[PDB]
Amino acid sequence: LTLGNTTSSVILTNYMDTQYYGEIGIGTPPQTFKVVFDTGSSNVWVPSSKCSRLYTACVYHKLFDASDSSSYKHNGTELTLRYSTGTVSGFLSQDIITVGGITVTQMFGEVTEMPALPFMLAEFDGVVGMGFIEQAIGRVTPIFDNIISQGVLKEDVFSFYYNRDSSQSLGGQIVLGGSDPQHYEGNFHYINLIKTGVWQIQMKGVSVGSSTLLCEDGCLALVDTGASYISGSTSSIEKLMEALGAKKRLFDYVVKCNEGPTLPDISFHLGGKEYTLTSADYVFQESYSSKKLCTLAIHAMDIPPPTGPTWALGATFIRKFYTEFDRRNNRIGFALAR
Ligand SMILES: COCCCOc1cc(C[C@@H](C[C@H](N)[C@@H](O)C[C@H](C(=O)NCC(C)(C)C(N)=O)C(C)C)C(C)C)ccc1OC
Ligand SMILES: *[C@H]1O[C@H](CO)[C@@H](O)[C@H](O)[C@H]1NC(C)=O
């Protein structure tokens, strides 16, 4: 590990508080793509110009065309990426990628099969996995490992800032090689990784209102920058939602809008601190009418072993807590976002 003097930032766009993505350039000349920097996975991929137009998601997104890049290097190994809410398939390719001023030769997947659900609902084109090589499909070296190999980043860490963006403001920000003191206050508090190669930590309990109603025996929390909400197993969530008086729909839970401001606080016991969210933090309070339903930013999601079962702390959590991902010391640090 050779540290340097550099830190780079990528400005992110906030789409309706559910999708946070930035931009990257691939090839020569650069072909730009909107990508989610996802700590939940470790591969980089973008739709390919070889994706059948019968996949409507390929008709609606930017496609990488190897035939227009002079820095492209062929590989072709098949690759299938299975995420908890969708799958993409294609083959491996290599080219130079620019991420916030840093230029790195990276192997990424050219996706040729991209399902309408959920990709037709994606504002982003692709993904830049921020996880460890242990979780990389095909054992492909993750982009951050490749940047760290260059010995330019001041620190072997990267940080996330997600705004409550609502027209002339910064949707979010990723800092490669450190954090931005301008977006958090107080001190960072850390929790060591409960495992090797996954941004997952031990969670001591989850409380709703008065007491620790859930995760009483301890549980796992995966800090997922590529997730819109805080999710837990169906069991946990049914019990949580029971406590909230929320009603279960097909893909989410709602509450009569007038009841929203009434909902209790929900805390997550991580390491030495309690991380508390008020209803305002987890309710999409779009109305105060008892005649309208307001969705909650907390969902049920069952991740299978060996990673799951596990809670996933997504944008709902990150919006309140600036997050630093420390590879050097295998821990995650949270600070109050500002
Ligand atoms: C915060 O805004 C980011 C985008 C949110 O919106 C979407 C997120 C996804 C899923 C994420 C990916 C997940 N965050 C994923 O990383 C979750 C993890 C996962 O499935 N990882 C994949 C691997 C292969 C590592 C695995 N199965 O373990 C789980 C283990 C938590 C995208 C980056 C593809 C799909 C569609 C979306 O909007 C239309
Ligand atoms: C492409 O990539 C892998 C490394 O992930 C390499 O070792 C493999 O042999 C390459 N194959 C081809 C056909 O280029």
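One is the number of the first residue; the rest follow in order along the sequence. Structure method, as recorded: X-ray crystallography, 2.2 Å. One-based numbering, in listed order, for ligands and for the atoms of each.
Ranked by contacts, the top partner of ligand 1 (the one with most) is named in UniProt as Renin. Notes: drug at ligand 1 recorded as aliskiren.
At the top of the distance list for atom 20 (O) of aliskiren, counting protein heavy atoms only, stands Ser84 N, 2.9 Å. The N/O atoms of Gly40, backbone and side chain alike, include one that comes under 3.5 Å of an N/O atom in aliskiren. Residues of chain A contacting aliskiren are mostly from the UniProt domain Peptidase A1. The shortest N/O to N/O separation between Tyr20 and aliskiren falls below 3.5 Å. From the protein, the heavy atom lying nearest to atom 6 (O) of aliskiren is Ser228 OG, 3.5 Å. Considering backbone and side-chain N/O of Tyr162, none are found under 3.5 Å from N/O of aliskiren.
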